[PDB]
Asks: 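Below is a deposited model of Programmed cell death protein 1 with retifanlimab as ligand.
So that the names make sense, note that chain A is the first sequence line, chain B the second, and so on, each numbered from 1. Determined via X-ray crystallography, 1.5 Å.
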Amino acid sequence: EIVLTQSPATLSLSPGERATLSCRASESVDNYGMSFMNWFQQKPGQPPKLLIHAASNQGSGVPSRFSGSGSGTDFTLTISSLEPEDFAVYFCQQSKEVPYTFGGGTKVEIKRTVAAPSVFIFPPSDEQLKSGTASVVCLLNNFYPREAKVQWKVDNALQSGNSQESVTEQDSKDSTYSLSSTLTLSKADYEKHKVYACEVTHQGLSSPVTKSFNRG
Amino acid sequence: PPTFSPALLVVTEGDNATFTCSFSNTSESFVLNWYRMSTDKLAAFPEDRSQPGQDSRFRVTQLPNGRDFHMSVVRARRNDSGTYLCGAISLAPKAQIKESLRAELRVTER
Amino acid sequence: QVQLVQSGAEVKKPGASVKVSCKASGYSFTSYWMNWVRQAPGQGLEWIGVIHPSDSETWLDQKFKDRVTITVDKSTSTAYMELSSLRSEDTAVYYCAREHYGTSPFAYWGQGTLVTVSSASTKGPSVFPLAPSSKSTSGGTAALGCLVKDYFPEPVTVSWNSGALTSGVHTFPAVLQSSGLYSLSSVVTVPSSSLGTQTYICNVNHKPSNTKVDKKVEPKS
C-alpha cells in the first residue's frame, strides 16, 4: 500500500494568510503522465469534500484560492488567501493503486494571541460519594494555543491511567479552547488519601498552576 | 480502446493539424489524453486547469456526437513531426489507461 | 444534482451485523464505481471497498475481505455495505462515495451513517454538581458546572437556567468510560458576586431514556 504522510499536523494562521500543506507518498503516485493525488476538506459532522483531483485540477465549484501542485512523491495544497470558512481539516488521498489510501490530515486552525488557561478544581459531590465513586474534575478554561498538559497528584503521587480528558472546538467568538480532566476513583480509594491536586502546564503560564483541595 | 485517425497526417509548417480520437465512454468519469512518443502528455479533455500566461498549441475538444474528439495542433512546426496516440484514463479501480493505435504526423517546409 | 443518501444511525451489539444503504440519484447509477469508506471518531479515513453497479464487480481492502459484503440493487439505484462480526473498534461513521473525473474515486459523498458497537444498555445519566468554591474562582469570576455521568447511548443536551444563561457555557464532548457508559461535563463562568444571589440550575435531557434532570448548583457549606 502507498502510505501518505501529511505535514504539518496543524497550521495556525489568520484569515487572509497563505496556507501551504504538504503530502508525501511512500512511492510514486504518477502514471501515464499524470499525478493521482486528491485533496479534501472536512468540517465537523460533515463528509469530506473534494477540492483537487489529478493533483492540480479543481473539483466543481471549488474557489480559485485552492490550488494543488507536485508530482512523484511530494505534493502541496495551497490556499492563497484564507477565508473564515477555510479553517478545517484537509486530507490528501491517492488513486494510483488500490487500496486507496489517505493521509492523516492537517488541521488549519485560527491563530490568536496566547491566552493562559484559567484553572479550576472541583471535588466530588456528596451525592456521588454516597453512590461509591469519586470524580474529581479539573477545568482549563479559555486558553490558546491548544497544547496543554494536565497531571493529577494525590498526596504528591503522580497518577496514571485513572483520568480522561475532553476538549472543546475552537470558540467561535474568541478562538480559545477549553479542556476538562476527570480523575475517577472508587470511594474506598478516594478516602485513602488527603490532598487532590491538578497541575497545569501551558506556554501562557510562566510557572505551572497547581489547584488542590483536602478531602473532607 | 479508443481509435485514433488518420494513421498518417502530412501538413505544412504553420498549418493546423487535427486528429480524431473516437472513444465510446460508458460514463462521464474518464480523462482523454493526447500523447506524443519520446509518452509525453500534450493536452487533455476535460482540459487541465488553466494558468495565466500559459498558452498551448494543443487542444482536445469533444464533438457533439459525444464519441468523437478532435486533437488539434495549431502553428505546426517541423519538430512536431513524430508519433502520436490518445489514451483514455479511468479507474480499474486502480488508475488505468487504454491506449489507441499510434498515428504519424509529418510537418513539411513552406 | 448527484445525491447519495444513506440510511440512519445504528446501535449494534458485538457479534451482530449491520447493513448500510446508500441511495443514489441524479445520475446513471450503473455507470460509476461506488466506494465505501469509514472514519472512527476523531480519526482518519479508511477505505473499505468498491463495487461497480453495472456487473457488481467488487474489490475489497484486505482488512475487510472476510467481514464485508458490498452489493447493489439496480432497480432502486441503491448500494449496500454489510459488515459482520462487529467489534467495538468498528464504531465509526460509514460513508459511500462515488467516483468522478476519471481518476477521483471519492468525488461525491453520502452524509455518513454512524454505527455504534456496544454491549451497553440504554440508560439515563446521573447528574452531579460541580460546586463553585474558593478553589473555583479566578478574579471576579467563578466557574461551576454539572457532571453528567453514566449514560448510553449519546447524546445528552445541557442548558443552563432553562436557556436564560448561554454566555460563558462550555459543554464538553462526551468521553466513553471503560465501563461502556458515556460521561461529560458542562461548565459556565459567572461573576463571583452573583454566587450568593443568582440561582444556577443545569437542565439535562437524555432522549433515548426519556431522562430529564434539573440540578441546582450552589457553593458548598
Asks: Where do all copies of retifanlimab show up in the model?
Replies: chains A and C
Asks: Which residues on chain B are in heavy-atom contact (under 4.5 Å) with retifanlimab?
Replies: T26(B), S27(B), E28(B), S29(B), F30(B), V31(B), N33(B), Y35(B), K41(B), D48(B), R49(B), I89(B), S90(B), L91(B), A92(B), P93(B), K94(B), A95(B), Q96(B), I97(B)
Asks: What residues on retifanlimab end up near chain B, say heavy atoms under 4.5 Å?
Replies: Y32(A), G33(A), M34(A), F36(A), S56(A), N57(A), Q58(A), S64(A), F66(A), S67(A), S95(A), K96(A), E97(A), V98(A), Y100(A), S31(C), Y32(C), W33(C), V50(C), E57(C), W59(C), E99(C), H100(C), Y101(C), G102(C), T103(C), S104(C), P105(C)
Asks: Help me out - which UniProt domain of chain B has the most residues in contact with retifanlimab?
Replies: Ig-like V-type
